[PDB]
Every structure is written in structure tokens, then in C-alpha cells.
A.B. asks: 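Lab note: fosfomycin/FomA protein complex loaded, questions to follow.
To find a chain, count down the sequence lines: A is the first, B the second, and so on, and within it residues start at 1. Values below: every heavy atom of this structure, side chains too, minus hydrogens, waters and symmetry copies. Remember, it's 1-based here, ligands and their atoms both numbered in the order they're listed. Heads up, header says this was done by X-ray crystallography, 1.6 Å.
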Protein chains: 2
Amino acid sequence: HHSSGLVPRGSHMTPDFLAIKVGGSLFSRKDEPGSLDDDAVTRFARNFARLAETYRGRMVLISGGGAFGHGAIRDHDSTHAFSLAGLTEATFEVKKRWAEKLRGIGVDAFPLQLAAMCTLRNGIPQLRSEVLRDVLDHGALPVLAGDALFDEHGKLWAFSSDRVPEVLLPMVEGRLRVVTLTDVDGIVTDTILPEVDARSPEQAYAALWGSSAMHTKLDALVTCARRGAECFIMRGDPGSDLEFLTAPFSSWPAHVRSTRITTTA
Amino acid sequence: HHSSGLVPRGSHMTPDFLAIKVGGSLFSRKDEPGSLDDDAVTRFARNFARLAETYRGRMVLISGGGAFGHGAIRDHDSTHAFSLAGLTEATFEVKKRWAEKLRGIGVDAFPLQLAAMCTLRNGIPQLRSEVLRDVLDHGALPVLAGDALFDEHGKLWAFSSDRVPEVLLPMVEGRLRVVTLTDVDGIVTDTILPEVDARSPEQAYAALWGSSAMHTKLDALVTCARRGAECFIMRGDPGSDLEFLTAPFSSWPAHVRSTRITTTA
Ligand SMILES: Nc1ncnc2c1ncn2[C@@H]1O[C@H](COP(=O)(O)OP(=O)(O)OP(=O)(O)O)[C@@H](O)[C@H]1O
Ligand SMILES: Nc1ncnc2c1ncn2[C@@H]1O[C@H](COP(=O)(O)OP(=O)(O)OP(=O)(O)O)[C@@H](O)[C@H]1O
Ligand SMILES: C[C@@H]1O[C@@H]1P(=O)(O)O
Ligand SMILES: C[C@@H]1O[C@@H]1P(=O)(O)O
């Protein structure tokens, strides 16, 4: 044993930090180039803005790539991994769209290029820039997304927005809550699986085999949960009030449906 | 005295690293929103691509903001320094345009958001991300630009592309050559001032008072020259061959006109 800070955890506890990920399905049609649903962005932004005020300096917003990200990956040449570099430009545009919208309603939203801040080493993302922590400490809202990241051999890899919360794990103090908003109510097994134990999540993986994206979400959120995070897969809706995401899980409204991924506590 | 590596320097010596800055005047009309001269970008890119091959892993390309940067600064609200955040999005677009063009002709060009990598402390830019060095070591071409940078108080400042070479100073080993391509042949005093000693450049500053942008260039290049760099202000032209920028200054073609800023050596 090495010593570390004992962190109180449980469904009774308020999160110290929110990582909110908004799936591309919710504001973009992959098979419509450059599509962004401005109404969806507008409405989500209003709900994200209220979270950001409470979680000032204690939140990130992570955007899915939508048409932009999936186009960049579709149009690259796999014989030259460097052609993936266009993905960094694609996912910058989506971050811009969120940040512009949020600033328009008074949120101090700043887009940050994950590729300028993070690289891969033995497959694990490494935060390599101090700027993310600074931005948070200034009380601003980082707008993040997936990206094309370099590995230690100079090879670019597509790193999904779904995995971005992994990057926060060494940086966040206290209780991290990760919320992945998608176009389904959770992991469907048909019923939702309401609880997954990240120590042994084999039944959640077995459910995706039943129903064939979601694998990547599960992988990322298990990884996060094994490092103490309280993670959720749940349905996004542009107009839905998200104030409950500030609250202890045991206090959530009864109508809310999700898959909750944790280790004991 | 503290010891340090003795670096051979002089007009007889080949540069170890090239920082090439392309002024917005050369490819963009400030007062035409979103203007980018695609032909100018195309032609410059072909000439930059030859430098990047020789200087593989030993060069950065820095873009002026043009219409994009100056629009963002024009349209921000000075009563809320955070509205400058749109400048980061503006100068990302210009980096994208260069990097797309360069990749199209086989250069491993990758845009990097300076704001994600650098902050200001007591007015001095601080490189805060290890990713720039990595990208270079991978043999890629960073595409840089000016940006909105945070200070230590959380205030955003417009940091010109002209100042970006300053950020390289602690990072570059060996002889850095900085080349600022603009729409004039150098500092006009009318004749060009061919040599400026960065230790006491008072006559170059006196010339700008004669002729009223250029002040910022001089400040940045003096700063760089005082830390060993060999710096140039010279006229850019999309079709002009730049191969001479790989060569010792004493070997440059006789037709080339510039203002050279150095300390002794
Ligand atoms: N067991 C499962 N339960 C729920 N969804 C599942 C399951 N297995 C696979 N999925 C699929 O995963 C999808 C969610 O992942 P997906 O990557 O499509 O969404 P997103 O990231 O929100 O948006 P985008 O479509 O732009 O990537 C669901 O729509 C569903 O089709
Ligand atoms: N003594 C001087 N010698 C030469 N140019 C000078 C002098 N004093 C002021 N200048 C001005 O500085 C200009 C170059 O700086 P400027 O910022 O306009 O160019 P740029 O960065 O290349 O492009 P952009 O116009 O988009 O910023 C010249 O066109 C000139 O008008
Ligand atoms: C990184 C690529 O845009 C996709 P995702 O982030 O939605 O998985
Ligand atoms: C940073 C603002 O775009 C301008 P410049 O980089 O051309 O000075």
C-alpha cells in the first residue's frame, strides 16, 4: 500500500466535477455533410449553460463529432494514417459551434483542441498540456471533442469523444460524474440495465452482442468507474432540464432512466 | 556565470530550425470577411512544402490572421475580454486552410491551437504543452497562428502571429532562423535598413515613427534575436522560390532584399 486521499463516495454524495458528453446523434445527421441542427444546439446550450453556472470551473462539455467527425474518418486514406489529420479540423468545427452558441448566452465557453493537449502512449491517452487545468481554474467552460491523436511512434489514431472523460481521470480531484447523452435510454438487455459494476461488467457487454458506438462508451465509462467516477449512459433531448445532474443520484427524479456504471460506492 | 552549450553562429552557418511566418496581407483582404486568396495559399504552399521536406521536424509555419483574425478582434466587446474567445476559432480556420492545402501536396501538416498550448505570465508567453515538441520529433509540420491566450488572471489577450516565434525560444536547440514574410521589403528608413542590432535597435524604431503591425514584428524579432535567433523581415510573394531560406545568409542570392535582425554573430 501507497497512501492516498480517502474520498467519500456514494449515491448520497454530490459530484465535484461534471463531464457531460453530447452525442452526435442528438444534433447532427452523420449522412448529411456539415449538418448541424442549430435548434438542437441552441436548446441544449441553454440547459448546459445552467449546469456550467453551478459547476463553474468544475465542468467540461464534450461534443460528439456528428457529420463532421464521421465525414473526416470516411474521407481519409487508411494507407496514410496522416490523412486522419483532417479529423482534428472537423472536430474543431463542432467545438466552435458549441462554444459560439454558449458564449451567445453568457457562458465563458472556450474550445480546446485535444490533439494539442494529449497524446497516446501504450494506447493510454496522456494529458500533456497544463492549459486545461488553467482554463478550469479561471472558471471557464472547456468545450472538448474527440480528435486525431499522435502516438509515441507518430501514428495518428481516431480518438472518440466517448473516451475523452478518460483524459480527466488524473486531473480531477474529488468525485467525477460522467454523463453520456445518447439516443437510447441506456444499455438495453428488452429492458434497460440500470446498474453495471465496473469491476465485473461482463453482462453489459453481453447485451451489446444481443443488440450490436455503444462498445466504445461502455469501455470508456468502465475505465472511468474503475478510477472512482460515477458514470451514466442516458437519453439526451434538447429541451430536457438537466438540473438533476447537479444532485446526488439518490435524489434524482423518478422519471429519469439511465445505465449507471460504478464500482462499490 | 552559469554554464551553457556554446552554439556556433554567424552568416556562414546553416540554420537548424526555420520559423516561417506568412503575413495575412499576402493571402487575405482584412476588409473582405472570410476572404482567403486560394491561389495565393496554393502557390505559397508549394514553396513552403519544399522547405518542410528539408527542414523535416525542424520547421513551423505560422499564419497571419487576415480577415479572420482581424474580424474576430473587430467584432468582440472590449467590456468583456472573454468575447475575444472567438479569435481562437478565427485563427483555427486559417490554420486549417494552410494545413489542408499542404496535406494535399504531400506535407504532413498539422494545425495546433496555440491557446491550448500556451498562456501568458507577467506578459511573457509560456509553452505549457509538450505536444509541439512531439509533433516536430515525429517529423510533422506544425501549422501555427496567433490566438487569444489566457493570462494568469484569466484575462484573454490577442497574441499576434508575429509573436509566435517567441514561444519557440526555450524549445529550439541550435540556430533558429525566423522569417517574417510581409508586403514590404523590410524596415524602410526611403531605403531599407539592411541590418538591425537587437542589442540597441533604436534606429529601426525611429524608422517606423517616420512611416507609422511593423512595431509588433520588430518587438518580436528583437526579442528572438536577443536570444540568439537570426531574424528577417522581407517581402512575400506566392510564387517566389524560398530555397535560399535553407542556406547560410552569406550565400543568399544577390537580388534578395530584407531587414536582418541579430546580435553580434
Ligand atoms: N445494448 C445496447 N443498448 C443500447 N444501445 C445500443 C446497444 N448496443 C448497441 N447500441 C447502439 O448504440 C447507439 C448509441 O451509440 P452512437 O455512437 O450511435 O450514438 P452517439 O455517440 O450518441 O451519436 P453518433 O451517432 O454521432 O456517434 C444506440 O443508438 C444503439 O443503436
Ligand atoms: N518603417 C517601416 N518599414 C516598412 N513597413 C512599415 C514601416 N512602418 C510601418 N510599416 C507598415 O507595416 C506593414 C507590415 O505590417 P502588416 O501587419 O500590415 O502586414 P502583415 O502582418 O504582413 O499582414 P496583415 O495586414 O494581415 O496583418 C507595411 O505594409 C507598412 O505599411
Ligand atoms: C472522433 C470522431 O468524431 C467521432 P465521435 O467523437 O462522435 O466518436
Ligand atoms: C492574432 C490576430 O490575427 C491577427 P495577426 O496574427 O495577423 O496579427
A.B. asks: For fosfomycin, what are all the matching ligand numbers or chain letters?
C.D. replies: ligands 3 and 4
A.B. asks: Which other chains are in heavy-atom contact with fosfomycin (ligand 4) at under 4.0 Å?
C.D. replies: B
A.B. asks: Taking heavy atoms and a cut-off of 4.0 Å, what residues surround fosfomycin (ligand 4)?
C.D. replies: B/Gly64, B/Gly65, B/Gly69, B/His70, B/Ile73, B/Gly146, B/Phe159, B/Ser160, B/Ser161
A.B. asks: Need the fosfomycin (ligand 4) atom indices (1-based, order shown) with element for anything under 4.0 Å from a heavy-atom of B/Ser161.
C.D. replies: 5 (P), 6 (O), 7 (O), 8 (O)
A.B. asks: So, regarding B/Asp147 and fosfomycin (ligand 4) (criterion: nitrogen or oxygen to nitrogen or oxygen, under 3.5 Å), is there a contact or not?
C.D. replies: no
A.B. asks: Hey, does B/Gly66 come in under 3.5 Å of fosfomycin (ligand 4), counting only N/O atoms on both sides?
C.D. replies: no
A.B. asks: Taking N or O atoms only and a 3.5 Å limit, does B/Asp162 qualify as a polar contact for fosfomycin (ligand 4)?
C.D. replies: no
A.B. asks: In this entry, what organism is named for chain B?
C.D. replies: Streptomyces wedmorensis
A.B. asks: Just need the protein heavy atom nearest to atom 4 (C) of fosfomycin (ligand 4), so name the residue and atom and give the distance.
C.D. replies: B/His70 NE2, 3.6 Å
A.B. asks: To which protein heavy atom is atom 1 (C) of fosfomycin (ligand 4) closest, and what is the distance rounded to 0.1 Å?
C.D. replies: B/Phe159 O, 3.7 Å
A.B. asks: Quick one: nearest non-hydrogen protein atom to atom 3 (O) of fosfomycin (ligand 4), plus distance?
C.D. replies: B/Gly65 CA, 3.3 Å
A.B. asks: To which protein heavy atom is atom 8 (O) of fosfomycin (ligand 4) closest, and what is the distance rounded to 0.1 Å?
C.D. replies: B/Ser160 OG, 2.7 Å
A.B. asks: Within the 4.0 Å heavy-atom shell around B/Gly64, which atoms of fosfomycin (ligand 4) are there?
C.D. replies: 7 (O)
